[PDB]
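Remarks on the structure that follows.
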Protein chains: 2
Amino acid sequence: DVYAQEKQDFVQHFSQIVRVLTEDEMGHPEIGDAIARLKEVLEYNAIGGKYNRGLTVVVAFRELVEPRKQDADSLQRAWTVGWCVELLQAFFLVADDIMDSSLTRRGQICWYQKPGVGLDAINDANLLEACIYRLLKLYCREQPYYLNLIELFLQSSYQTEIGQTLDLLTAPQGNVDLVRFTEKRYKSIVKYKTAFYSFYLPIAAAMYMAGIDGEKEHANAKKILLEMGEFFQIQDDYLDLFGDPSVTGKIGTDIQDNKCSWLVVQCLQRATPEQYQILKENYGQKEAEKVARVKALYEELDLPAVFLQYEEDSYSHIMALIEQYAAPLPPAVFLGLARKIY
Amino acid sequence: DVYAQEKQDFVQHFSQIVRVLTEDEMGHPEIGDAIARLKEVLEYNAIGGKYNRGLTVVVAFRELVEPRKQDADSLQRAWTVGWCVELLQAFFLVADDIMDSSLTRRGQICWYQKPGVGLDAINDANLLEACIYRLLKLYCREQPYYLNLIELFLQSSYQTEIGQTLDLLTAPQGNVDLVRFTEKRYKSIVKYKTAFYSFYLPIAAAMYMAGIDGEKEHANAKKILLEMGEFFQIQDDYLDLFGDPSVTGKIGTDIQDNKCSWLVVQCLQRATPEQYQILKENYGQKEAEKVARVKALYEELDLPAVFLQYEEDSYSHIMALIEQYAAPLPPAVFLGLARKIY
Ligand SMILES: CCCCCN(C)CCC(O)(P(=O)(O)O)P(=O)(O)O
Ligand SMILES: CCCCCN(C)CCC(O)(P(=O)(O)O)P(=O)(O)O
Ligand SMILES: [Zn+2]
Ligand SMILES: [Zn+2]
Ligand SMILES: [Zn+2]
Ligand SMILES: [Zn+2]
Ligand SMILES: [Zn+2]
Ligand SMILES: [Zn+2]
């Protein structure tokens, strides 16, 4: 709701993001072709998603900053930082799609799968990352929270990349990796690869912009936000297999990629030795029939109903955490986020 | 000389770099496997080079900072920042080797070509980049030049990535791209992809650490250092084809990769229409015989003698620039660098 009534404005501001990321270099004609390639990268890879992470910066900013301090310049900085979180996401997704050998993203073919792009996409991804710090300098250099924001984005990237490392290490291609797929391992992976940048980062950014920099307030916010992030990634795992492709915008690869997904972890906890064997001989391979066998096993073990029940229990757990840890922040900050993902 | 007598110490300090980049996370057991993977990444990809860029930080620091201010802690910060430049290099090289489809680097098989690594190397590369800002925070957070260093590394990365973008855009695979290969295009590519991070960055870092932050002193240093960087990349292009593989540590790919190298640019300037045609039908392709035909054409046009002459003329030009622009810095700062690359 509050996201919906910030959204269209948020998106309209992308043109200014792209203009400033192109004009700040108009003094250097020789890099014109690169700046043009950057524009094409931005428009293909930063547009077409739900923009939830960026909108969260904007929404939380409005709720944390006194209305009389919400001048036009402060608002502009708010939705610039929001777009920075979107650019970080864009960076991650371009690189992750190569590494997961994915086909489609946000309803179109993955950037790297586009003819003429290929592994040049690696440099495109790093360029998207670079844009973050260009925008922070351009818009936030003279603000008291400047360094707090730089370090938050840098730290969030490190954490996410540690998470990606765990994701990859736990899913070696061509191996049978079932004994590695535990609940304890899973919770660690998603905490790092998803939870910090998708939930802590956006709220923390708005917090620092509102002058809320205390270690205690950030630790309490984090308690709520990392648990939301854990649920969100479990949801991502569920939809990878059981989601509507016209809604998700992308084709799942978790089974073919031998991933430690919530689904396989739950499967393992429930499987008979006979089902375990079936899982063992069909998981982590590219053959459609082997993947289909896995999905059949998940359905036989009623993992969809297990998920639906987990979703409700998680929601209740998250709301309990908000009762405990939200103060002194407006509870609406976390409630609006929860409403978005549940 | 001054590099040689700083070197072994510089290298010995790598163990402390690796220890601190592993222990700063010992409070988080769950990411142990990732930290182990990080260690393996560091040891494979940050070791085995000449360390010229890192040593330059250390050497320039000793020459710019008054001896009485060179305490043990300041020295330690100096060779930490030196290793940061080495980590940036490591980041770039891992990614560049994937994008150039290279086989060997520093005398061993490229990281991504190592069995079991593959495109996971993309995340490894970004992890190396992340380590830079972890070390700066760990060692330099309370220093007055902290933000200057963060912004210098971030800006240098952006510039290098713009350069990489130009490098890639000018070398589309499967196309004949000769008309794109001009001197003007070439100078732009190497200014951005090589010159800023390999020469300006290390000296600028030492400068900020010495308290030299004036725009004018940095602009004058840059005048010398970007020209050195241009020569250095021309040298890199020459050695890609004409260097001794047991000395370079790597196999060239510029011709197969259809690159705008100094060599092809010089070839084009000198070729008859008949030689142009030969270049056109053999450049940018993977067949050994076609590559060999190109190298034969270069040798027929005596590009090796052209290079040797250019190297001498460039040296003289660089020394002239040092006479003009070195003050108020010790000329030895730039002379030691020049001696390293010429
Ligand atoms: C490069 C860092 C990637 C961080 C991974 N994120 C969770 C987003 C990518 C995914 O969620 P996605 O389902 O591919 O969108 P994955 O399930 O592969 O983790
Ligand atoms: C990812 C950014 C790469 C920057 C490129 N640098 C010049 C180092 C790589 C090279 O010098 P290298 O010869 O492969 O070591 P390239 O000739 O491909 O440019
Ligand atoms: Zn993915
Ligand atoms: Zn992934
Ligand atoms: Zn997923
Ligand atoms: Zn290369
Ligand atoms: Zn290259
Ligand atoms: Zn080269």
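The alphabet sets the chain names here, A first, running in the order the sequence lines are given. Chain A is numbered as in the PDB entry, which gives 8-349 for the residues shown. Here chain B follows the PDB entry, giving residues 8-349 in order. Indexing begins at 1, ligand by ligand and atom by atom, following the structure's order. According to its header, this structure was worked out by X-ray crystallography, 1.9 Å. Just the heavy atoms: all of them, side chains too, but no hydrogens, waters or symmetry mates, feed the values below.
The drug located at ligand 1 is named ibandronic acid. Here, the chain sharing the greatest number of close atom pairs with ibandronic acid (ligand 1) is referred to in the PDB entry as Farnesyl Diphosphate Synthase.
Other chains with one or more heavy atoms under 4.0 Å from any atom of ibandronic acid (ligand 1): A. At least one N or O atom of A:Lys200, backbone or side chain, sits closer than 3.5 Å to an N or O atom of ibandronic acid (ligand 1). Residue A:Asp244 has no N or O atom closer than 3.5 Å to an N or O atom of ibandronic acid (ligand 1).
Distance cut-off 4.0 Å; other ligands and ions near ibandronic acid (ligand 1): ligand 3 (zinc ion), ligand 4 (zinc ion), ligand 5 (zinc ion).
Not a single N or O atom of A:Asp104, backbone or side chain, sits closer than 3.5 Å to an N or O atom of ibandronic acid (ligand 1). Measured by non-hydrogen atoms, the distance from ibandronic acid (ligand 1) falls under 4.0 Å for these UniProt Mg(2+)-binding residues of chain A: A:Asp103, A:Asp107. When only interatomic distances are considered, the shortest N/O to N/O separation between A:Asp107 and ibandronic acid (ligand 1) falls below 3.5 Å. In this structure, A:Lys266 has no heavy atom closer than 4.0 Å to ibandronic acid (ligand 1).
The PDB records the biological source of chain A as Homo sapiens.
By chain and number, the binding site of ibandronic acid (ligand 1) at a non-hydrogen cut-off of 4.0 Å is A:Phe99, A:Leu100, A:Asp103, A:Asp107, A:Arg112, A:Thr167, A:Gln171, A:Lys200, A:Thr201, A:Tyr204, A:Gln240, A:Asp243, A:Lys257.
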